[PDB]
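Here the structure is laid out as structure tokens; the discussion comes afterwards.
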Amino acid sequence: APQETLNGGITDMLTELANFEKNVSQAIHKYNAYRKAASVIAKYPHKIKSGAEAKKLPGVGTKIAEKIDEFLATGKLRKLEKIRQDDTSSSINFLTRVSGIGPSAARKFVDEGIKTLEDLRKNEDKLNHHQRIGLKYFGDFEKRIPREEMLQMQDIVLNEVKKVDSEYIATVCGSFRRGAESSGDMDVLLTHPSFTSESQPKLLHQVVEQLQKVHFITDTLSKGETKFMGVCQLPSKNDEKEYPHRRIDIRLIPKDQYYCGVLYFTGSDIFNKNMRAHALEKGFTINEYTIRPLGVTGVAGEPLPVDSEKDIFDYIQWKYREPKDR
DNA sequence: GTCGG
DNA sequence: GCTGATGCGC
DNA sequence: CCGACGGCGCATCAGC
Ligand SMILES: Nc1ccn([C@@H]2CS[C@H](COP(=O)(O)OP(=O)(O)OP(=O)(O)O)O2)c(=O)n1
Ligand SMILES: [Ca+2]
Ligand code: NA
Ligand code: NA
Ligand code: NA
Ligand code: NA
């Protein structure tokens, strides 16, 4: 990708604007608008000289163009400069860095005078369980996970899963599966022969239990029959520095919808929107669970059989790409 | 905010 | 007690 | 002008 010093000040402007829309203004769509604008501009292989130059790019409209002009002329953006010094909105934007605190909780806390982590720390009674864990691991959750540690984590997951029941299948997806050199967290996909569309008990629970029993999983954000979100930690040696606590999700999926899942939660997700927009073009409908053919109304028929990842490149006649190229 | 019926 | 809406992460 | 913009599981709130 192009270097930061081409339009980095712009791309950071747009991203900061993105966050205020999301966290303070509660305008999710303007947030994606700004993020879209920031993406296309980060992938632009040229140093932008005017707002009109930017506006040819798809996702950049009149208002972002004129923002780019003011920033190119002056180095800053008046509106952003203002929002940054604003105690209320500043804090609201900040508190959402806590996992479990979204725009609404954040606003509600700042209302009551709870503005900082110290204030949250002082008021444990007003946070839910997810929120206490997000606060407890605030720094660890912003740290990235080098591949070396994700491979040690992968080892522990595969070993313990196979130990519970040899017939479980577990693939680790996300950035890690696309060969990424670091990762934000660990997404694991799980199936079992005795779990399909028509359907045996506790398949997700026994796995989560074994990973607690050997102290890999240290806390639970949420858990149901289908999905687990929690916290985990690699053990360190005697006298060795403690490893940060890390986020791990585990999704239990039916056998037959498993490879559509693999694909979806592999991402990248900007390849995915690309892939189904092009699967609709060639007359197929894809989502996270299945591929189905449209009868051009378009009337999706039954979901088609899928036993590998590659099948969903056969149906679309798209030339296969493995995860690294995504 | 931006795109497109 | 229950169902449905909303917040959240993603 | 003006609606679409990702959709889904789980925790927890609102309401009956
Ligand atoms: N709008 C979207 C959003 C996500 N997706 C899917 C589901 S999750 C997968 C991307 O996974 P993550 O959000 O964990 O991100 P990454 O896999 O890149 O790793 P980290 O960022 O390191 O954590 O893409 C999609 O098809 N469309
Ligand atoms: Ca991930
Ligand atoms: Na944000
Ligand atoms: Na444009
Ligand atoms: Na948050
Ligand atoms: Na994710």
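By convention in this document, chain letters (A, B, ...) are assigned in the order of the sequence lines, proteins followed by strands, and residues within each chain are numbered from 1. Order of listing sets the numbers, starting from 1, for every ligand and every atom in it.
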key: Recorded drug name at ligand 1   = lamivudine triphosphate
key: Partner of lamivudine triphosphate with greatest heavy-atom contacts, name from UniProt   = DNA polymerase beta
request  = State which other chains have a heavy atom under 4.0 Å from an atom of lamivudine triphosphate.
outcome  = A, C, D
key: Contact residues, lamivudine triphosphate, heavy atoms 4.0 Å   = A:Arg144, A:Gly174, A:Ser175, A:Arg178, A:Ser183, A:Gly184, A:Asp185, A:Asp187, A:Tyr264, A:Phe265, A:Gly267, A:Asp269, A:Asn272, A:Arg276, C:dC10, D:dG6
query = Any idea which atoms of lamivudine triphosphate are less than 4.0 Å away from a heavy-atom of A:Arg276?
reply = 26 (O)
ask   = Any non-hydrogen protein atom below 4.0 Å of atom 16 (P) of lamivudine triphosphate?
value = yes
query = Taking the residues UniProt annotates as binding dTTP in chain A, which ones lie under 4.0 Å from lamivudine triphosphate, judged by heavy atoms?
reply = A:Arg144, A:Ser175, A:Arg178, A:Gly184, A:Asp185
ask   = Are any other ligands or ions in the structure closer to lamivudine triphosphate than 4.0 Å?
value = ligand 2 (calcium ion), ligand 6 (sodium ion)
request  = Find the residues of chain A UniProt lists as binding dATP whose heavy atoms come closer than 4.0 Å to lamivudine triphosphate.
outcome  = A:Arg144, A:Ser175, A:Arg178, A:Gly184, A:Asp185
request  = Below 4.0 angstrom from a heavy atom of A:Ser183, which lamivudine triphosphate atoms are there? Numbered from 1 as shown, please.
outcome  = 22 (O)
inquiry  = Only heavy atoms of A:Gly174, strictly under 4.0 Å: list the atoms of lamivudine triphosphate that pass.
reply    = 17 (O)
DNA chain C, as named in the entry = 10- MER primer
request  = Mark up the atoms of lamivudine triphosphate that fall under 4.0 Å of a heavy atom belonging to A:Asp187, in ascending order.
outcome  = 14 (O)
message = Under a 4.0 angstrom heavy-atom cut-off, which atoms of lamivudine triphosphate come close to A:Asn272?
response = 26 (O)
key: Numbered atoms of lamivudine triphosphate (with element) below 4.0 Å of A:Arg144, judged on heavy atoms   = 22 (O)
